[PDB]
Structure formats: structure tokens, C-alpha cells
Asks: 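Before I ask anything, here is the structure I am working with.
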Amino acid sequence: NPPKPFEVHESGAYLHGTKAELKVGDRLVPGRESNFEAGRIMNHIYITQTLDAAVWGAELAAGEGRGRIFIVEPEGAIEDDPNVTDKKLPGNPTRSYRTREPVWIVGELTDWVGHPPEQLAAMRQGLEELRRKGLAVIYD
Ligand SMILES: CO[C@H]1/C=C/O[C@@]2(C)Oc3c(C)c(O)c4c(O)c(c(/C=N/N5CCN(C)CC5)c(O)c4c3C2=O)NC(=O)/C(C)=C\C=C\[C@H](C)[C@H](O)[C@@H](C)[C@@H](O)[C@@H](C)[C@H](OC(C)=O)[C@@H]1C
Ligand SMILES: Nc1[nH]c2ccc(Cl)cc2c(=O)c1-c1ccccc1
């Protein structure tokens, strides 16, 4: 399924893109290393209700694996991801959220296609440019 930017599914189910080999049944607590800043300990887990965002999460995750999209259930409260809320577009059209509490892995999505390679390379090259200019501010 070719991700359409800002398109929710009728489930409203929480998604999580990553390269981590997670399994159905896993409970995962906050505090892993950031995908964007070596050595940065995370206060939150990031989740999304759009397929587009979860694909970005699978493609941009650190690791040698192939991207995976997990279906997750938070144990506690979620809030708008500030990294993508009112930062260009008003509100939270990617429907990206974060939580200070653990999440359970309740399934895996298997029939999705990632972004065209020139889109993923453009995203990676833009992020390296914000790195080099010291404009890659990450809120957590
Ligand atoms: C769900 O979000 C995704 C897709 C959105 O879909 C889509 C269609 O809607 C977007 C919204 C609503 C944005 O508000 C946005 C944005 O604010 C932004 C970049 C950056 N794009 N660039 C590429 C080319 N460009 C010329 C330069 C920079 C974006 O592309 C988007 C963007 C999209 O592309 N940020 C910036 O420009 C700056 C100044 C800083 C970035 C800081 C950190 C590093 C990031 O925030 C990290 C923490 C992640 O949060 C993102 C990497 C998101 O990855 C995930 C997995 O979450 C990703 C945006
Ligand atoms: N979406 C994210 N937001 C972040 C915000 C802040 C910090 Cl310190 C880290 C992250 C981060 O690692 C991710 C992520 C990227 C790919 C796969 C899963 C999660």
C-alpha cells in the first residue's frame, strides 16, 4: 500500500516504524538511543496513526535490518509530537504522537511499500544539511 501523506486508516490503530526485530507480545519501555542523535536517551516512544509517517519511521530508523511497521497499544497517555505539530503546517496532520509510558506490540503490517528511493534520499540529504548547519533541533 503506497503511503498517501496525512492519510489515516479506518482502524485509527497506532503504528510504529522501526528496524528493531520486535515481536507480538513484546512490552517496550521508553529510554532507547535516538535514531537522530548518537548517545541521546529518549523520554518517549513515537507512534503514528498515518501509514505515511510509519513508513518514514521504518526507512529513517537506525540499523542494518529492513524497515518494519508494528501495530502498538500504549499503556498510558499520548500527546501531539512537537517535532511535526505546528512546525510548518498547523496542527498534526501526520497524526504523530508520543508517550512517556510503555507500549505493547500487538501485530505487524506486512503489505506496505516504502517511498520511491529519490524521495528517501532527498529526506536523508535534507536532514544531513540541517545537521551540518546546526539547524537539526530535536524535541524530546
Ligand atoms: C511524521 O514526520 C515525518 C514525515 C512527514 O511528512 C511530511 C509530509 O509532513 C511534514 C511536516 C508536517 C513537517 O512539520 C515537517 C518538518 O517540520 C520537517 C521536515 C524535514 N524535511 N526536510 C527534508 C528536505 N528539506 C528541504 C529539509 C528538511 C519535513 O519533511 C516535514 C514534513 C514532511 O515531509 N522539519 C524540518 O524542516 C526541520 C527544520 C527540522 C527537523 C527536525 C527533526 C530531525 C525531525 O523532526 C525528526 C525527529 C522527525 O520528526 C522527522 C524526520 C519525521 O520523521 C518521522 C519518522 O517522524 C518526518 C518529517
Ligand atoms: N520519530 C522519532 N522522533 C524522535 C524524536 C526525538 C528523538 Cl530524541 C528521537 C526520535 C526518534 O528516534 C524517532 C524515530 C525515528 C525512526 C523510527 C522510530 C523513531
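By the PDB entry numbering, chain A shows 3-142, in order. As a basis for the values below, the full set of heavy atoms in this structure was taken, side chains included, without hydrogen atoms, waters or symmetry mates. Atoms within each ligand, like the ligands themselves, are counted from 1 in listed order. When the header is checked for method, it gives X-ray crystallography, 2.2 Å.
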Asks: Which named drug shows up at ligand 1?
Replies: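 Its PDB name is rifampicin.
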Asks: What does the PDB entry call the chain with the greatest number of heavy-atom pairs under 4.5 Å to rifampicin (ligand 1)?
Replies: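 By most contacts, it's Rifampin ADP-ribosyl transferase.
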Asks: What's sitting near rifampicin (ligand 1)? I mean other ligands or ions under 4.0 Å from that drug.
Replies: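 Other ligands or ions: ligand 2 (2-amino-6-chloro-3-phenyl-1H-quinolin-4-one).
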Asks: Starting from atom 6 (O) of rifampicin (ligand 1), locate the nearest protein heavy atom and write down its residue, its atom name and how far away it is, to 0.1 Å.
Replies: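 Scanning the protein heavy atoms, the shortest distance from atom 6 (O) of rifampicin (ligand 1) goes to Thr96 CG2, 3.9 Å.
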Asks: Are any non-hydrogen protein atoms located under 4.0 Å from atom 29 (C) of rifampicin (ligand 1)?
Replies: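 Neighbour list for atom 29 (C) of rifampicin (ligand 1) is empty of protein heavy atoms (cut-off 4.0 Å).
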Asks: Could you identify the single nearest non-hydrogen protein atom to atom 34 (O) of rifampicin (ligand 1) and state the distance to 0.1 Å?
Replies: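 Nearest neighbour among protein heavy atoms for atom 34 (O) of rifampicin (ligand 1), to 0.1 Å: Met125 CE, 3.6 Å.
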Asks: Heavy-atom distance from atom 32 (C) of rifampicin (ligand 1) to the protein below 4.0 Å?
Replies: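 Within 4.0 Å of atom 32 (C) of rifampicin (ligand 1), no protein heavy atoms are found.
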Asks: What protein heavy atom sits nearest atom 8 (C) of rifampicin (ligand 1), and how far off is it?
Replies: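 Checking every protein heavy atom, the shortest distance to atom 8 (C) of rifampicin (ligand 1) gives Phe8 CE2, 4.0 Å.
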Asks: Enumerate the atoms of rifampicin (ligand 1) whose separation from the nearest heavy atom of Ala55 is less than 4.0 angstrom.
Replies: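 Taking each heavy atom of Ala55 in turn, rifampicin (ligand 1) has 1 (C) under 4.0 Å.
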Asks: For atom 18 (C) of rifampicin (ligand 1), which protein heavy atom lies nearest, and how many Å away is it?
Replies: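 In this structure, atom 18 (C) of rifampicin (ligand 1) has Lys90 CE, 3.9 Å as its nearest protein heavy atom.
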Asks: Near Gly59, which atoms of rifampicin (ligand 1) are under 4.0 Å from a heavy atom of that residue?
Replies: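 That gives atoms 56 (C) of rifampicin (ligand 1).
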Asks: Is there at least one protein heavy-atom neighbour under 4.0 Å from atom 14 (O) of rifampicin (ligand 1)?
Replies: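 Answer yes: something from the protein, a heavy atom, is under 4.0 Å.
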Asks: Within rifampicin (ligand 1), which atoms have a heavy atom of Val139 less than 4.0 Å away?
Replies: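 Reading through rifampicin (ligand 1) atom by atom, the close ones are 42 (C).
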Asks: Can you figure out which of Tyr141, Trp58, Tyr48, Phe38 has its heavy atom closest to atom 49 (C) of rifampicin (ligand 1)?
Replies: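 Heavy atom nearest to atom 49 (C) of rifampicin (ligand 1) belongs to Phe38.
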Asks: Number the atoms of rifampicin (ligand 1) from 1 as they appear, then name those within less than 4.0 Å of a heavy atom of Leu132, with their elements.
Replies: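 The list of qualifying atoms is 28 (C), 38 (C), 39 (C), 40 (C).
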Asks: Atom 41 (C) of rifampicin (ligand 1): which of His117, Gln121, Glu131, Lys89 has the nearest heavy atom?
Replies: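 Among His117, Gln121, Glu131, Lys89, the closest heavy atom to atom 41 (C) of rifampicin (ligand 1) comes from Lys89.
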Asks: Define the binding site of rifampicin (ligand 1) at 4.0 Å using heavy atoms, by chain and number.
Replies: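 Heavy atoms under 4.0 Å: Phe8, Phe38, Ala55, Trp58, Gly59, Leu62, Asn85, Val86, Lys89, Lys90, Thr96, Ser98, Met125, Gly128, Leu132, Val139, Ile140.
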